[PDB]
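Structure follows of topiramate associated with Carbonic anhydrase 1.
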Amino acid sequence: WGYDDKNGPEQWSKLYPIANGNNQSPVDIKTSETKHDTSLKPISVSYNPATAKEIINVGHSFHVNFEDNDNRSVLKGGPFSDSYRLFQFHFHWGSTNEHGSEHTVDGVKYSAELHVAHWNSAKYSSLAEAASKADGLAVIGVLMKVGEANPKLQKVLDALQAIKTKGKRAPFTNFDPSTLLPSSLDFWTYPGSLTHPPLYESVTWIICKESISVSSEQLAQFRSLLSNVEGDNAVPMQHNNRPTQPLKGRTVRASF
Ligand SMILES: CC1(C)O[C@@H]2[C@@H](CO[C@@]3(COS(N)(=O)=O)OC(C)(C)O[C@@H]23)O1
Ligand SMILES: [Zn+2]
């Protein structure tokens with residue numbers, strides 16, 4: 001699977017029927033229709049830089065994995081009663097600065113989007129087990145607006161030269177991804193899914209209202225990553241964001 005014309009988002013329903021489900025992500029957040037929930041507690045993240053493990057080129061994107069054998073790096077608060085264990089973060093981008101984010105706010109598309117994923121370690125004992133549970137995954141989404149260079153992305157960006165082609169991987173250690181989050185953690189939350197196959201509707205989304213910046217050149221670096229295996233003709237990763245999906249009755253709650 002990928003985002004090309006033949007194997008993109010529009011063709012995912014073929015092997016994954018859940019793609020047309022009632023809890024799919026991403027979605028367009030309409031602020032006039034969100035419901036402020038007074039019960040929503042503040043988002044609390046506490047990550048240990050030592051849990052950073054490695055970075056991998058998966059063909060359609062790349063992601064940074066974290067050791068998730070214990071609760072050294074966790075997420076709490078918000079709409080959760082359980083503690084969620086950090087295990088990965090990655091980005092989504094588009095072919096041009098005009099688009100790239102997965103979620104949209106009042107129809108506005110941003111240039112990219114950061115996803116920090118965690119799994120429910122209070123109820124399950126592994127990502128594999130939690131991945132398909134309705135309450136198994138928690139993912140923070142941060143909209144990235146094209147503008148000033150984001151120094152926080154530096155380490156991530158510098159590591160890409162070692163995993164240029166599909167399947168390459170390299171250690172990525174000593175990094176706390178909470179340093180990538182916006183100053184304010186006011187958020188929107190709704191029940192959704194993974195935005196890439198298998199598309200399980202096991203994700204409780206936490207979308208930050210505040211965006212973070214990224215320069216046009218930094219985005220270029222993402223797009224310069226290759227989706228081909230070493231040796232083949234270079235084929236740049238131009239985009240990997242899935243179109244917004246129907247809310248189908250779901251209510252998007254706001255912590256503010
Ligand atoms: C690079 C990218 C998109 O992110 C990886 C992998 C497969 O899908 C994901 C999607 O997670 S998401 N986009 O719902 O946060 O689901 C998991 C299993 C959480 O890993 C994510 O590809
Ligand atoms: Zn994602």
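Residues take their numbers from the sequence shown, with the count starting at 1. Worth knowing before you read on, the calculation uses all heavy atoms, side chains too, and leaves out hydrogens, waters and symmetry mates. Whatever order the structure lists them in is the order used to number ligands and atoms, beginning at 1. Determined by X-ray crystallography, 1.9 Å, according to the entry header.
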Specify the chains or ligands that represent topiramate.
-> ligand 1
Quick one: does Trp205 get within less than 4.0 Å of topiramate, heavy atoms only?
-> yes
UniProt domain of chain A with most contacts to topiramate = Alpha-carbonic anhydrase
Under 4.0 Å from topiramate, which other ligands or ions appear?
-> ligand 2 (zinc ion)
Covalent bond partner of topiramate = none
Within a distance under 4.0 Å of any heavy atom of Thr195, pick out the atoms of topiramate and give their elements.
-> 12 (S), 13 (N), 14 (O)
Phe87, portion touching topiramate at heavy-atom distance under 4.0 Å = side chain
Which atoms of topiramate sit under 4.0 Å from any heavy atom of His92?
-> 3 (C), 13 (N)
From the candidates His115, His90, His60, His196, the one that places a heavy atom nearest atom 22 (O) of topiramate | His60
Using a strict cut-off of 4.0 Å, indicate which atoms of topiramate neighbour a heavy atom of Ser61.
-> 1 (C)
Which of the atoms of topiramate are close to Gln88, meaning less than 4.0 Å from one of its heavy atoms?
-> 4 (O), 5 (C), 20 (O), 21 (C)
Among protein heavy atoms, which sits nearest to atom 16 (O) of topiramate, and what does the distance come to when rounded to 0.1 Å?
-> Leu194 CD2, 3.7 Å
Kindly indicate whether atom 9 (C) of topiramate is approached by any protein heavy atom to under 4.0 angstrom.
-> no
Ignoring hydrogens, tell whether any protein atom lies closer than 4.0 Å to atom 18 (C) of topiramate; use the non-hydrogen atoms only.
-> no
Is there at least one pair of N or O atoms, one from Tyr3 and one from topiramate, spaced under 3.5 Å apart?
-> no
Among the UniProt-annotated substrate-binding residues of chain A, which have any heavy atom closer than 4.0 Å to topiramate?
-> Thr195, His196
UniProt-listed Zn(2+)-binding residues in chain A closer than 4.0 Å to topiramate (heavy atoms) = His60, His63, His90, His92, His115, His196
Closest UniProt-annotated active-site residue of chain A relative to topiramate, heavy atoms to 1 Å = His60, 3 Å
Which residues form the binding site of topiramate (heavy atoms under 4.0 Å)?
-> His60, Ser61, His63, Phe87, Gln88, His90, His92, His115, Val139, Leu194, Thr195, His196, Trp205
